[PDB]
Engineer: 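Our group is looking at a structure that contains althiazide; some questions.
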Number of protein chains: 2
Amino acid sequence: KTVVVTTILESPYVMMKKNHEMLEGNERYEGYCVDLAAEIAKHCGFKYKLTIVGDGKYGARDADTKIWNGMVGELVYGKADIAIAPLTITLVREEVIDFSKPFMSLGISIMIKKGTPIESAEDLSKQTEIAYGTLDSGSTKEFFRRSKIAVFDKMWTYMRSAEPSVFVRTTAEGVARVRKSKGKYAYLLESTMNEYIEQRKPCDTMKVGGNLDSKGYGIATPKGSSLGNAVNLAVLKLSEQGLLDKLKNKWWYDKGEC
Amino acid sequence: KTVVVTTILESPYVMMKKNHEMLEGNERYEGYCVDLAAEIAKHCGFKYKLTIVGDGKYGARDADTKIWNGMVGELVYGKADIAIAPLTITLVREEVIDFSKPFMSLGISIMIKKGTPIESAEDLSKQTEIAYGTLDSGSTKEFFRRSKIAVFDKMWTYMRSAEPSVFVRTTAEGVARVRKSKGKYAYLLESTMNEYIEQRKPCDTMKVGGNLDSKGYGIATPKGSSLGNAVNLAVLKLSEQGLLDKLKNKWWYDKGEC
Ligand SMILES: C=CCSC[C@H]1Nc2cc(Cl)c(S(N)(=O)=O)cc2S(=O)(=O)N1
Ligand SMILES: C=CCSC[C@H]1Nc2cc(Cl)c(S(N)(=O)=O)cc2S(=O)(=O)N1
Ligand SMILES: N[C@@H](CCC(=O)O)C(=O)O
Ligand SMILES: N[C@@H](CCC(=O)O)C(=O)O
Ligand SMILES: [Zn+2]
Ligand SMILES: [Zn+2]
Ligand SMILES: [Zn+2]
């Protein structure tokens, strides 16, 4: 059977090619995760179809209804066979789906417009002039919501009650907000996305401070799926043969505009 | 039953306590992995005994005989229930044992005596005045042995044939060799150990260049062991609550001597 791959439009993991309308199937997309999928499938010996997650989300469990949305949801409810995306390995997710060893490392980080008077999370927490928020429905939000650390609980306390909302529906929305707010908004997002955007025109944002945590993205499959074994091994192999580092440079730094 | 934990004397993961000559059982030891074991066993609800691996090795397979030595062999042959140590996740190991998600990140790196005229692996490869080597029966050696990369292959070709041997039986041997070779020996070892030593008297070594690869340590169990599941989830939990970051700072930078 052809493996259904759920993924998500997020630069530079997966992007529409500048001419997709004249192309079909997997050929419409490009990016780090597009390249990885081809490699995973070749080594694991399967055919596959990339499909963009319907609700444009990563995956969260609705408190009350207990329904999972996003890519996680499509794996849990049987819509997809595998997720190849910047999907963060987390405990609540590991409880309902299987993750391979990480194919890329990241930490929550701070994006500012250049010249913004901010060096750290502690800095953000001690003031109110500069607003700050995170993506919706993602691991970054949950990090803050669940945190017992001082600086982080205070930040959550501010963020949850800020109005207008400091949360964004997409990474692009967050970046645009930083860019348009003249230094009055900072965005909390994963280091990988932060570093990509830092290398893109108009070159007006930067990552500041150390990361808030340390984790990674994993390739995910439905709990107990037979795919898991092969896919995990393929990730280790590709990692050892230098493919992942090659892809990272290809899509982040080789392209560099700044 | 009491879990038999296999581990290895390797600073600052597992070290004999000072007062040492007065304690019994697990109490004899201190370090990152010592603290990690306690936490894991707490959250998984088991009692355990720390045992120092008999042959003092991480684990590799004898080509010719195909028998695994080191901590890997102790799991494969049934002498131990779990390994908690700076044990690198690799493809050939994953094929015979199970690893949790990584609990710490590292990459292969270069340690020099301060002032040694070397800035990179390329630098090492381009010259002969300064000898260099790696640990025996570990993942770093295998890295070079199996490397297709131009720079590293040339380094391996030199290393496998050098005389006197440039390989060492333990990290401590490698480090003493850098320190007493007046800059004529560079040691290839994992960034984690390199950074620890760099902050310890006599403060005469340093890490130079960037990491050659990106990987991680995992807690290992015999393949298909039931313990594996609980252990993995315990690592995730510990990661998310910040204990892992707590432990790292305790054993690396809070110690700082330089
Ligand atoms: C869902 C998560 C899968 S990976 C979790 C992760 N945990 C950590 C924690 C720490 Cl403190 C470190 S570090 N900075 O001490 O090295 C590294 C990692 S990880 O990236 O190896 N995995
Ligand atoms: C623990 C078992 C297998 S881990 C293999 C590893 N691969 C890489 C590769 C890269 Cl290039 C990166 S990075 N530097 O681009 O973020 C990260 C990882 S990993 O640590 O997530 N896993
Ligand atoms: N990688 C995150 C989404 C981005 C973020 O939350 O910063 C996730 O899997 O939920
Ligand atoms: N961490 C390595 C040992 C140290 C090294 O090879 O540099 C292993 O698990 O084999
Ligand atoms: Zn003694
Ligand atoms: Zn605990
Ligand atoms: Zn032999």
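Order of the sequence lines fixes the chain letters, A, B, ..., with proteins taken first and strands second; residue numbering starts at 1 for each chain. If you're wondering, the header gives X-ray crystallography, 2.0 Å. Because only heavy atoms are used, hydrogens play no part in the values below, and waters and symmetry mates are left out as well, while side chains stay in. In listed order, ligands and their atoms are each counted from 1.
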Engineer: Got a sec? Need all the ligands or chains for althiazide.
Structural biologist: ligands 1 and 2
Engineer: Main binding partner of althiazide (ligand 1) in this structure, as named by the PDB entry?
Structural biologist: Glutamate receptor 2
Engineer: Note the other chains with a heavy atom under 4.0 Å from althiazide (ligand 1), by letter.
Structural biologist: A, B
Engineer: Which residues, given by chain and number, touch althiazide (ligand 1) within 4.0 Å on a heavy-atom basis?
Structural biologist: A:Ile89, A:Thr90, A:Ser214, B:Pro102, B:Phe103, B:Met104, B:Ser105, B:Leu236, B:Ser239, B:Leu244, B:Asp245, B:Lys248
Engineer: Between B:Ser239 and althiazide (ligand 1), does any nitrogen or oxygen pair lie at a separation below 3.5 Å?
Structural biologist: yes
Engineer: Does an N or O from B:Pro102, backbone or side chain, lie closer than 3.5 Å to an N or O of althiazide (ligand 1)?
Structural biologist: yes
Engineer: Taking only heavy atoms of A:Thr90, which atoms of althiazide (ligand 1) are found under 4.0 Å from at least one of them?
Structural biologist: 1 (C)
Engineer: Hey, quick one: which residues UniProt lists as binding L-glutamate in chain B have a heavy atom under 4.0 Å from althiazide (ligand 1)?
Structural biologist: none
Engineer: Taking only heavy atoms of B:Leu244 into account, list the atoms of althiazide (ligand 1) that are under 4.0 Å away from them.
Structural biologist: 9 (C), 11 (Cl)
